[PDB]
There are 4 protein chains.
Amino acid sequence: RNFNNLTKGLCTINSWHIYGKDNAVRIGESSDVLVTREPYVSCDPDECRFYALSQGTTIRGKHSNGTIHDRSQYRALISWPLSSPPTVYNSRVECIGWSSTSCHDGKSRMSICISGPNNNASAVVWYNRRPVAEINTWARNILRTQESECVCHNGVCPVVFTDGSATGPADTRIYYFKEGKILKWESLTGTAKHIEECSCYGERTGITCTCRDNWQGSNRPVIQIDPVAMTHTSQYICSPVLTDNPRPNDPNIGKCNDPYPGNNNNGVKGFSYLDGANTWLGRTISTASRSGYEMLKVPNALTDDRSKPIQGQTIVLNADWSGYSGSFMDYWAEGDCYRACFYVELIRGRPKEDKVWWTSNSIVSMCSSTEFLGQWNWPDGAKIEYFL
Amino acid sequence: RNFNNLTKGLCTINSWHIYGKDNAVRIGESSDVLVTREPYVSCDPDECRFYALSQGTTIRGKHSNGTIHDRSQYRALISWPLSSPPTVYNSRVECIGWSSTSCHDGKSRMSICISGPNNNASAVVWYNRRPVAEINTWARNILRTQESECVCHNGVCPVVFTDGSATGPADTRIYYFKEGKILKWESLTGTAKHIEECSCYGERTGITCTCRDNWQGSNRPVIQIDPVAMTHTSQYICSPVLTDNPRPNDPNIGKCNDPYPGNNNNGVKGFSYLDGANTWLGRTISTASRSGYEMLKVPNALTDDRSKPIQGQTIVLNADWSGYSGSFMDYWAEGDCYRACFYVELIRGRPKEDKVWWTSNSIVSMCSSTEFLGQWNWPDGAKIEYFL
Amino acid sequence: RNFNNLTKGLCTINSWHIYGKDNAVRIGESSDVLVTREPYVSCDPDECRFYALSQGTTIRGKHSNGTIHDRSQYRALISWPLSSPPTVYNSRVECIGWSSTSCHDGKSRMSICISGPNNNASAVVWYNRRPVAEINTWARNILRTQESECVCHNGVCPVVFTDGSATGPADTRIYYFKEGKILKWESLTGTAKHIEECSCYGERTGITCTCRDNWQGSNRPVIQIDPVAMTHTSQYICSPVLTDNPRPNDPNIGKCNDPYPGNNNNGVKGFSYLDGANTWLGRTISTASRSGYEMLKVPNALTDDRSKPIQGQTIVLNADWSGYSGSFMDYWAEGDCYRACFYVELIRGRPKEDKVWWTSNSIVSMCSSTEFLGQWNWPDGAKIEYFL
Amino acid sequence: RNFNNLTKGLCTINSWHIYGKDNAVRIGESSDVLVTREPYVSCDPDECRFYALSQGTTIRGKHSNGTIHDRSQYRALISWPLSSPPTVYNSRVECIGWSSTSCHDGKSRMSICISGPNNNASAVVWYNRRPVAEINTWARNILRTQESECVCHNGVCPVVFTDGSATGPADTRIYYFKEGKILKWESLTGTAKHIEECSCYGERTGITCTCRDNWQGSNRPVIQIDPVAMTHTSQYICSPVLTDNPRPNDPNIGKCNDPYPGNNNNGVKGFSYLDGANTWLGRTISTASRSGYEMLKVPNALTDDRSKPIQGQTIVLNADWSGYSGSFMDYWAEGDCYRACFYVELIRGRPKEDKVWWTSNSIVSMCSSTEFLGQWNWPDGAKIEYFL
Ligand SMILES: *[C@@H]1O[C@H](CO)[C@@H](O[C@@H]2O[C@H](CO)[C@@H](O[C@@H]3O[C@H](CO[C@H]4O[C@H](CO[C@H]5O[C@H](CO)[C@@H](O)[C@H](O)[C@@H]5O)[C@@H](O)[C@H](O[C@H]5O[C@H](CO)[C@@H](O)[C@H](O)[C@@H]5O)[C@@H]4O)[C@@H](O)[C@H](O[C@H]4O[C@H](CO)[C@@H](O)[C@H](O)[C@@H]4O[C@H]4O[C@H](CO)[C@@H](O)[C@H](O)[C@@H]4O[C@H]4O[C@H](CO)[C@@H](O)[C@H](O)[C@@H]4O)[C@@H]3O)[C@H](O)[C@H]2NC(C)=O)[C@H](O)[C@H]1NC(C)=O
Ligand SMILES: *[C@@H]1O[C@H](CO)[C@@H](O[C@@H]2O[C@H](CO)[C@@H](O[C@@H]3O[C@H](CO[C@H]4O[C@H](CO[C@H]5O[C@H](CO)[C@@H](O)[C@H](O)[C@@H]5O)[C@@H](O)[C@H](O[C@H]5O[C@H](CO)[C@@H](O)[C@H](O)[C@@H]5O)[C@@H]4O)[C@@H](O)[C@H](O[C@H]4O[C@H](CO)[C@@H](O)[C@H](O)[C@@H]4O[C@H]4O[C@H](CO)[C@@H](O)[C@H](O)[C@@H]4O[C@H]4O[C@H](CO)[C@@H](O)[C@H](O)[C@@H]4O)[C@@H]3O)[C@H](O)[C@H]2NC(C)=O)[C@H](O)[C@H]1NC(C)=O
Ligand SMILES: *[C@@H]1O[C@H](CO)[C@@H](O[C@@H]2O[C@H](CO)[C@@H](O[C@@H]3O[C@H](CO[C@H]4O[C@H](CO[C@H]5O[C@H](CO)[C@@H](O)[C@H](O)[C@@H]5O)[C@@H](O)[C@H](O[C@H]5O[C@H](CO)[C@@H](O)[C@H](O)[C@@H]5O)[C@@H]4O)[C@@H](O)[C@H](O[C@H]4O[C@H](CO)[C@@H](O)[C@H](O)[C@@H]4O[C@H]4O[C@H](CO)[C@@H](O)[C@H](O)[C@@H]4O[C@H]4O[C@H](CO)[C@@H](O)[C@H](O)[C@@H]4O)[C@@H]3O)[C@H](O)[C@H]2NC(C)=O)[C@H](O)[C@H]1NC(C)=O
Ligand SMILES: *[C@@H]1O[C@H](CO)[C@@H](O[C@@H]2O[C@H](CO)[C@@H](O[C@@H]3O[C@H](CO[C@H]4O[C@H](CO[C@H]5O[C@H](CO)[C@@H](O)[C@H](O)[C@@H]5O)[C@@H](O)[C@H](O[C@H]5O[C@H](CO)[C@@H](O)[C@H](O)[C@@H]5O)[C@@H]4O)[C@@H](O)[C@H](O[C@H]4O[C@H](CO)[C@@H](O)[C@H](O)[C@@H]4O[C@H]4O[C@H](CO)[C@@H](O)[C@H](O)[C@@H]4O[C@H]4O[C@H](CO)[C@@H](O)[C@H](O)[C@@H]4O)[C@@H]3O)[C@H](O)[C@H]2NC(C)=O)[C@H](O)[C@H]1NC(C)=O
Ligand SMILES: CO[C@@H]([C@@H]1OC(C(=O)O)=C[C@H](NC(=N)N)[C@H]1NC(C)=O)[C@H](O)CO
Ligand SMILES: CO[C@@H]([C@@H]1OC(C(=O)O)=C[C@H](NC(=N)N)[C@H]1NC(C)=O)[C@H](O)CO
Ligand SMILES: CO[C@@H]([C@@H]1OC(C(=O)O)=C[C@H](NC(=N)N)[C@H]1NC(C)=O)[C@H](O)CO
Ligand SMILES: [Ca+2]
Ligand SMILES: [Ca+2]
Ligand SMILES: [Ca+2]
Ligand SMILES: [Ca+2]
């Protein structure tokens, strides 16, 4: 009935507890589970759901062959009940395309899907399950967006888009929507030099997005958005605890206003919670590939170029495949604070496991606890040999 | 709570954006997807859904053999959630039969299904999911109707029916229903010489239907209906941009009041939006077969027998199979105007692909944008070889 | 909110129109469709649904072997959406057992299921999805009930039960329930000599049940129930148009107060609408087996021992298998009268088709029209060879 | 809207009637049924549902291999509609983990799931489908809980947990939750010497839990909880009718305040209804293995160390496999009393049936009747050979 306002701070994060896990690849070995990738989680006022980009085929289906490909006409943003797998029979299509974001403003949900060829892509903005606005490519080079939830304040939902090179300067815009309509957009400002796939969360201070620099940087760029003034700034996480993948080894001095060098033209979507002494960063354990996942408590990581971990938690062992990760919170939960949450995409199949011809994933998700909880590890759990 | 009134004009159509796509044949290669044909889309005040005539078997099921056939006892009008495929487990049966139409009046939905042998068919009119009225065949020769949504104004929902020859003069009637009851019917008047499978939409001016002349014409007949007076007129689209299939090549002078000659005893269901300078016509790209699909902006196509395109958009490449197409709009969307939408049936299997023994389809659907959006193309996407 | 009252007469029946059909055996050849038998249809104030006794296995499942058997621990009353098939994923279990009835009183639904061994069976009465009352066997010989819907008036829902011999005198009781509680029961009175599987409907005059005499009669017994006084009478349909199966050929004089002789120890569940000159009887076409189905207009069939047909309609050809049939009506439909409806069970498999090891069925259902509609025929439609 | 209060006594139990049965293993031979174990039943004010711990694979899926294992990362508490089987498409995930309980307080449902390695497990407490509180292991040895429903009074829901040895003294705590928050916890007091897997029910006197002593006892420990004062006591069922499995033969004197000896380091979850002369105990028929199930009326079993049966009912024949059993009631049913109910887990597969590589179960459930109903027996019904 009313637009949600960001009126709370983050809860104190002392550990992470299991929130959701769908075991989609295990189950999909023998049931009609859709091939997906680029998953996320997003809450409505009365329900939280899993989201992902379908590939328009099941895993056991013959059309799973070739699903390493990123952008076909057979992709769509789907949602399904928390911790169920994405099945043909339980998945709700939000919009058609191969790059997405979605968020609820307290009244209704906005979902955005981009489709088209590389040089002529377009975004369609849906609100309350109807198409409301459209945005054409401005740089004619793979218009693309967050691949995780956006965040709203008093009806205003900012979204970060990029159009242009994946290996050099590109044209990033921040759009501000209300009820699906474009209030305003602005070109990226600040010191971030390349922006992709922002993972965002909101709290009383404003909206914070942790993104992927695909060009030169292995530190992560950050965009901080004021959804009331509809303005933003950008920089990088200052910490020498580097969180992109692949990436160099951790130095003792990070970079606040420029890419930390060593790995070019690659990256992975990731996230962080930047909150002074309550700061936690996510990253793959491997510096070379999308394997393992850990959380590290790094005080003042955003602003302190010498900051190091003082606590951590393993989420996925280095022996197990990970992938994309992103932030979300249940803005409609009871209490005095917003509980930080995240998901990790657990990619199976190609390119790392090429005895099968498909690429898909499952999801694991955690939220923060004020307790100091014991840790487990959370693999996808499927045996590739079963699919041969 | 209240009957919908047609109080708005069409939004300005400057391009078309992706609205829905179910990838039904791809998914049905390995899941329980019903064989269908003659699909459409129709909105309720709170949801839009896909519709089609099931064949009462799945694609992988052995009973898919022989589904090129049009009129069996195993067919039914089904509906299912937007962009999901029509599965055994998610499809809702609206009524039983092999020719249909359906529309919501703002309070409840009317669905009409025709069944029976060729010489003794009958229509059953359902309203709010209950049978309310029945109409017996009047010419004893395949009583048949729109195969896409009807349109309502202040509770009155006109529907076009034909009974009689597919290859000569037939008996077409326009029925006017309210809450499923027959208010009135009238015989076709005007200059259209053969009428089948009308695709309709409504706006403040009245209801406009673009139909199929199966006898002599390769231009499309148009019926214009006043749902208040409950009267109609008919003619053909005057434009030399011919939109039936198969069809002759485009001349420079069309025909307003008679069939444009060249192809007899054949046709395909199609649609148009006739709105002065905002006029757009749909057609297959091929003049010979149901392949490809394009939209063409043809100013005053209804009334100008010299009118030619000034803009266009490819929807499906000529290399890919298409099929039926029809109009629908979300009459319950926010805003100052009604956004034109359409679907294209993408037929797979027989007769064109006879290495399989079945005939089915998937759906792609677009709505108009006031932006000039880049275009993609939207194939069914299934590989026939996988079904062998 | 309020209990339904039977305040209307039957609509004039001039023909029958298609209402529902699930094609369950066709679809179940390749999808997870439950094996069933003894189906029926019953309406809530907001929805009508199919009902049947599951066998606790799918058709393609190996446990379908042996499903000719009537009474296992794996049976349950299930319901599912109108004209969908009964699938593992869409079927709602109403109660556990191998003989059932169910009806909505305007506020909530009562469902009754009998389970147990032959000598120790018991009925459990559910109301608003909770068990409320239980009834133990009184004759210790296969306690059994209607296998189609009951009917309610002002909260009172009468149900006919039989316990005792299938081949001689048995102990039949009429129970009167309200909100699942037993108000009263009475022993059968009148001239009916054996009662099984009553098919009932209600109108302003009271409740009329047409049953099966399994002992000596090939005419059908009738029980007429006053749900206000909670009393009943019984006799047989007087008409020489005999409607049990198997049965002798039609004579010119029927029997009002005794079994018409010729076939012993057998029968089939059936139904009729007894309404003076608006009387219609259902029967199998074959006199020997459960094949074919037809409706016959037989004026005053209940009371006139010379009555013959003056009109009819074929529903299922004699070449096709039929089975059980029963009555139901949508008591919550709009209008001045109740529209008579019925279903026919289309049995496939054993004993008639013994190349498969299972027994199941599909459903076809019709309702009456005041029009004189053309007739089709409605086979199950499955090819047995596909299951081999 | 209001918290449920325990204001009624138990209905008089004179026999047991069939309540639910899902036939999950039969159906799962050919449909997408999840492998489960540790099932139970629990009611909301408007619905009752089946619950269990999924293994994150279907039975026919290759990942069913190894599902005898108790604690993997692929387990979750799921719920699904009463008497349906737990399918991929109909199961709702309540939380992630390998030990659970769940209960509705009249306003919303609390669900608790424990996950983690043996030495670092943690409980997450969910309320109204959101995580609210977390509890870390206190003895670092397989933190574990009830595996059946908890019970609430005026918002307070007590839950019994154990952490520590399965073969010697352990650390049992009773937690008191309200809206998912921890009001209080206390260490176990009284004479019970080992506590696992409590089965609880509530009535006006308070909450009664019947548990499993896995250390030395083959009588069952009982915890009696006052949810208002938030205090408890414990002892054993005094009766010589012993109800653990495996167990010694029944003596003539039981033990009230110590384990009855004979079988060490083993047990099974079970239940009882302790209500003076209305007392009924459940147990496996076999003293050696989890086979058969019976109910026995044993007056004053809780307090009388000489008490013997005066009536009984067989639920599952000794020839058929059983397993876990537990209590639940529909606290929201109409009437003057609470109707006692229970479920029995019917385990199939390993270790007893090792020709298959999986372990799963189906469910049968009964509630009490004031009638003296005839008894049947209720096997799982699946043929193991079909899975080979
Ligand atoms: C039951 O569950 C519980 C809860 O989960 C388990 O307890 C958890 O155990 C884990 C594993 O040990 C802990 O995670 C690690 O945390 C440490 C940080 O804590 C340590 O350091 C703190 C800071 O110390 C500094 O300040 C203090 C101030 O006093 C000073 O004294 C000290 O000398 C130093 O100056 C200490 O405060 C802290 O002590 C506290 O906690 C102790 C328990 O942990 C306790 O005993 C003490 O009493 C006190 O209370 C503690 O010493 C993280 O550093 C560590 O993360 C590093 O290591 C992991 C591998 O294990 C690696 O994956 C990480 O990426 C990271 O190391 C990489 O990055 C570093 C930063 O750049 C770099 O320096 C490293 O060389 C390394 O870099 C290399 O690898 C990376 C990744 O591949 C690559 O990118 C680089 O390029 C390079 O190749 C862990 O996160 C939890 O904190 C702990 N939780 C709790 C609540 O205790 C418990 O074990 C379980 N029980 C059982 C029986 O299993
Ligand atoms: C990114 O995406 C964007 C957006 O989608 C892409 O841009 C789109 O590009 C497509 C493809 O080119 C365009 O579709 C075509 O549109 C033309 C109409 O526009 C042209 O003509 C207009 C009218 O010109 C007349 O009036 C002007 C007045 O000034 C006069 O000067 C002129 O000489 C003439 O008298 C022009 O106004 C218009 O110019 C404007 O737009 C230009 C860009 O398009 C721009 O550069 C200009 O500055 C200006 O703004 C333009 O010249 C349609 O005619 C055409 O449709 C025909 O051709 C296709 C094949 O491509 C065919 O399938 C169609 O059926 C049709 O041709 C058949 O029918 C004709 C009519 O009877 C007949 O004459 C033809 O011979 C042909 O008939 C044959 O085939 C059919 C079918 O099989 C058969 O039935 C017949 O029997 C026979 O065999 C296209 O629809 C879009 O309009 C355009 N959109 C936008 C917004 O720009 C962009 O390309 C993408 N970018 C990249 C890098 O990929
Ligand atoms: C398009 O669809 C429409 C609508 O469906 C189709 O029209 C329908 O056509 C069917 C098939 O013909 C009709 O069903 C039959 O109806 C007759 C009853 O109607 C006839 O008899 C009436 C009574 O006549 C008596 O009174 C009059 C008073 O004037 C008197 O004059 C007359 O001599 C006699 O005394 C007539 O009133 C009626 O005429 C009216 O209707 C005519 C059209 O039908 C029309 O032309 C007239 O102008 C007038 O308006 C008409 O003559 C039923 O008798 C018949 O049912 C019997 O036959 C079928 C086989 O076809 C059988 O299965 C039935 O069981 C039954 O016969 C068995 O039972 C009898 C009773 O005991 C017994 O006597 C028989 O020997 C037989 O018994 C044997 O078989 C059974 C079963 O196996 C076994 O149990 C026994 O033991 C024994 O072995 C049909 O139901 C529809 O009524 C008709 N509908 C309409 C609205 O017209 C149309 O055909 C379709 N169009 C096309 C092109 O396909
Ligand atoms: C249709 O359905 C109906 C309803 O279901 C069926 O009727 C049911 O039939 C069953 C099966 O017979 C009954 O269950 C049994 O109940 C008896 C208890 O009732 C008997 O005993 C009562 C107490 O007697 C004492 O007090 C009286 C006071 O007057 C005194 O006179 C008497 O001498 C004695 O001192 C009697 O009151 C009662 O009589 C009443 O009911 C009669 C009908 O049952 C009726 O005829 C009378 O007129 C009167 O009304 C009756 O005699 C339970 O004892 C029994 O349970 C034991 O046996 C089963 C095996 O059958 C076993 O599984 C149980 O575990 C248990 O036996 C074990 O435990 C004992 C206790 O420690 C031990 O002593 C045993 O040696 C044995 O222990 C061994 O095995 C266990 C398990 O493996 C192992 O753990 C041990 O270590 C050891 O190895 C049954 O539960 C129902 O009560 C009855 N229901 C009704 C309402 O009638 C009907 O049959 C069906 N019809 C048809 C045709 O099929
Ligand atoms: C082209 O690669 C971009 C995205 O790369 C990732 C990945 O796994 O690394 C998959 C995304 N796939 C989808 N969202 N479908 C790509 N993003 C797109 C739009 O292809 C990358 O960020 C460089 O610009
Ligand atoms: C035993 O046969 C009775 C019922 O027979 C019919 C049938 O196909 O003829 C199936 C029913 N099957 C089920 N309802 N499950 C039986 N009725 C029962 C209770 O077995 C018959 O009416 C004689 O008493
Ligand atoms: C370790 O065994 C415990 C539980 O044992 C049972 C069983 O079938 O006997 C399965 C449970 N499995 C699950 N709940 N998943 C176990 N409980 C646990 C936590 O493993 C036992 O009570 C001893 O402590
Ligand atoms: Ca990078
Ligand atoms: Ca034509
Ligand atoms: Ca008989
Ligand atoms: Ca024990």
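The chains are labelled alphabetically, A first, in the order the sequence lines are listed. Per the PDB entry, chain A residues shown: 83-470, in order. The PDB entry numbering applies to chain B: residues 83-470, in that order. Numbering, chain C: per the PDB entry, residues 83-470 in sequence. Chain D is numbered as in the PDB entry; shown residues: 83-470, in order. So how was this one determined? The header says X-ray crystallography, 1.8 Å. Hydrogens, waters and symmetry mates play no part in the numbers below; they use all other heavy atoms, side chains included. One-based numbering, in listed order, for ligands and for the atoms of each.
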Name the drug or drug candidate found at ligand 6. laninamivir
Mind checking which chain laninamivir (ligand 6) touches most? I'd like its name from the PDB entry. Neuraminidase
Other chains with a heavy atom under 4.0 Å from laninamivir (ligand 6): C
Side chain, backbone, both or neither: which part of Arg372(C) comes within less than 4.0 Å of laninamivir (ligand 6) when only heavy atoms are counted? side chain
Among protein heavy atoms, which sits nearest to atom 7 (C) of laninamivir (ligand 6), and what does the distance come to when rounded to 0.1 Å? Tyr406(C) OH, 3.1 Å
Tell me the protein heavy atom at minimum distance from atom 22 (O) of laninamivir (ligand 6), and give that distance in Å. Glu278(C) OE1, 2.7 Å
Judged by non-hydrogen atoms, does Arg119(C) sit under 4.0 Å from laninamivir (ligand 6)? yes
When you compare laninamivir (ligand 6) with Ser181(C), is there at least one nitrogen or oxygen pair between them that comes in under 3.5 angstrom? no
Just which atoms of laninamivir (ligand 6) are under 4.0 Å from any heavy atom in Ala248(C)? 23 (C), 24 (O)
Can you pull out the closest protein heavy atom to atom 11 (C) of laninamivir (ligand 6)? Residue, atom name and distance to 0.1 Å, please. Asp152(C) OD1, 3.6 Å
How does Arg294(C) reach laninamivir (ligand 6), if at all, at less than 4.0 Å between non-hydrogen atoms: by side chain, backbone, both, or neither? side chain
For atom 4 (C) of laninamivir (ligand 6), which of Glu120(C), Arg153(C), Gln228(C), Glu279(C) has the closest heavy atom? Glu279(C)
Please state which protein non-hydrogen atom is closest to atom 13 (C) of laninamivir (ligand 6) and give its distance, to 0.1 Å? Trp180(C) O, 3.4 Å
Please identify which atoms of laninamivir (ligand 6) are closer than 4.0 Å to at least one heavy atom of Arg157(C). 15 (N)
So, regarding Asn296(C) and laninamivir (ligand 6) (criterion: nitrogen or oxygen to nitrogen or oxygen, under 3.5 Å), is there a contact or not? no
